[PDB]
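Structure with agomelatine present.
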Amino acid sequence: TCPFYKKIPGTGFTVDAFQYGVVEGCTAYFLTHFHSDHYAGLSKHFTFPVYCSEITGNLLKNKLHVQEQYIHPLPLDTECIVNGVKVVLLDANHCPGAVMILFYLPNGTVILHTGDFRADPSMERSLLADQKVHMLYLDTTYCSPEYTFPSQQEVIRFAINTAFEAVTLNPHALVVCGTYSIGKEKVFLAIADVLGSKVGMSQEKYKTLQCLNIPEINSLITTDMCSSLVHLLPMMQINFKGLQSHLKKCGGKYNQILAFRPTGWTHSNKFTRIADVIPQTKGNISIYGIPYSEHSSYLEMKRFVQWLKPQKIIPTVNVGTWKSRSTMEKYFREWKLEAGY
Ligand SMILES: COc1ccc2cccc(CCNC(C)=O)c2c1
Ligand code: NI
């Protein structure tokens, strides 16, 4: 049954709560973004109202076959009334279509739910500016100081330069990029752009990208694998066996693979700068793990929360152990006391 941190008290609303059957008292179900841990439960048989972004709506309709009558897309940065309550959707800087939700409760309390987010200083000049917030439901994925990683811009610079160098030295090299969900599309799009290629993929992945409102997408992607020198593969295929196997299918067209496995944080970020990253290599195959994050670093999270100054914080990630909960509460207290409060 539905946990407390997914219910919005004083309303009939839940957030990312589709795996518990019919939730008692819920008149509208919000979905922050199209990642499987968050949408788990939605299908053609769902018959309650779903509120979400336009992009999330396109994915519900086309990938999950949710009926059009139950999909309620809302524009961003716009005051909307849903079942007698004012709400706003804001860009979460996570994956395409991902939002944060501001709820203005009938009693005067204001709640921000971040969904999944990568905090950025630009959020300090959204509709959040000068908005008192009484409760923050916070994506705490990386709420500990050891979690460091580079900017997305720096990671993309490394990937572009690495790919362009390799293919310029060897015009018969193939570039492969791993994927298992939406998000991190800039990795493969930026590489293909520098190489003057479309990105080749399966019919199923092509379908998914066609839902994302990316400008000029028809010019960037294709299902014709033979015409492309940047290929997308499921993430589980990005290993020496899987890549060797893939190289056979291309019909003696290529003699080297350079592959990228986008990850979240990993322990090697503690020691190695993004510039100094080296691949795993076996013969003519090389694999780069690159830390492209769509969640806040510890420092980004701390900056956002110290700016917002919420009265109370409810974590939504790492909530399962006493140690995790204790650690997170200690950091929130440090941040408050530090800020002069
Ligand atoms: C619950 O944890 C925090 C964490 C950071 C904070 C930073 C600044 C202020 C507060 C609480 C007081 N808010 C006002 C507007 O007076 C924080 C509370
Ligand atoms: Ni997510």
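Position 1 is the first residue of the sequence; numbering continues from there. In each ligand, atom 1 is the first atom listed, and ligand 1 is the first ligand listed. This deposition comes from X-ray crystallography, 1.6 Å. Quick note: numbers below take in every heavy atom, side chains included, and nothing from hydrogens, waters or symmetry partners.
- Counting every copy, the structure places agomelatine at ligand 1.
- Bound to agomelatine with the largest number of contacts is the chain that UniProt calls DNA cross-link repair 1A protein.
- Counting heavy atoms under 4.0 Å, the binding site of agomelatine comprises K132, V305, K309, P310, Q311, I313, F332, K336, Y341.
- At under 3.5 Å, a nitrogen or oxygen of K309, whether backbone or side chain, sits near a nitrogen or oxygen of agomelatine.
- With ligand atoms numbered from 1 in the order given, agomelatine contributes 1 (C), 2 (O), 3 (C), 4 (C) to contacts under 4.0 Å with heavy atoms of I313.
- Close contacts of agomelatine with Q311, meaning ligand atoms under 4.0 Å from a residue heavy atom, involve 1 (C).
- Less than 4.0 angstrom separates some heavy atom of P310 from each of these atoms of agomelatine: 1 (C), 3 (C), 10 (C), 11 (C), 17 (C), 18 (C).
- The source organism of chain A, per the PDB record, is Homo sapiens.
- We find no covalent bond linking agomelatine to a chain.
- Close contacts between agomelatine and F332 involve ligand atoms 4 (C) [criterion: under 4.0 Å to a heavy atom].
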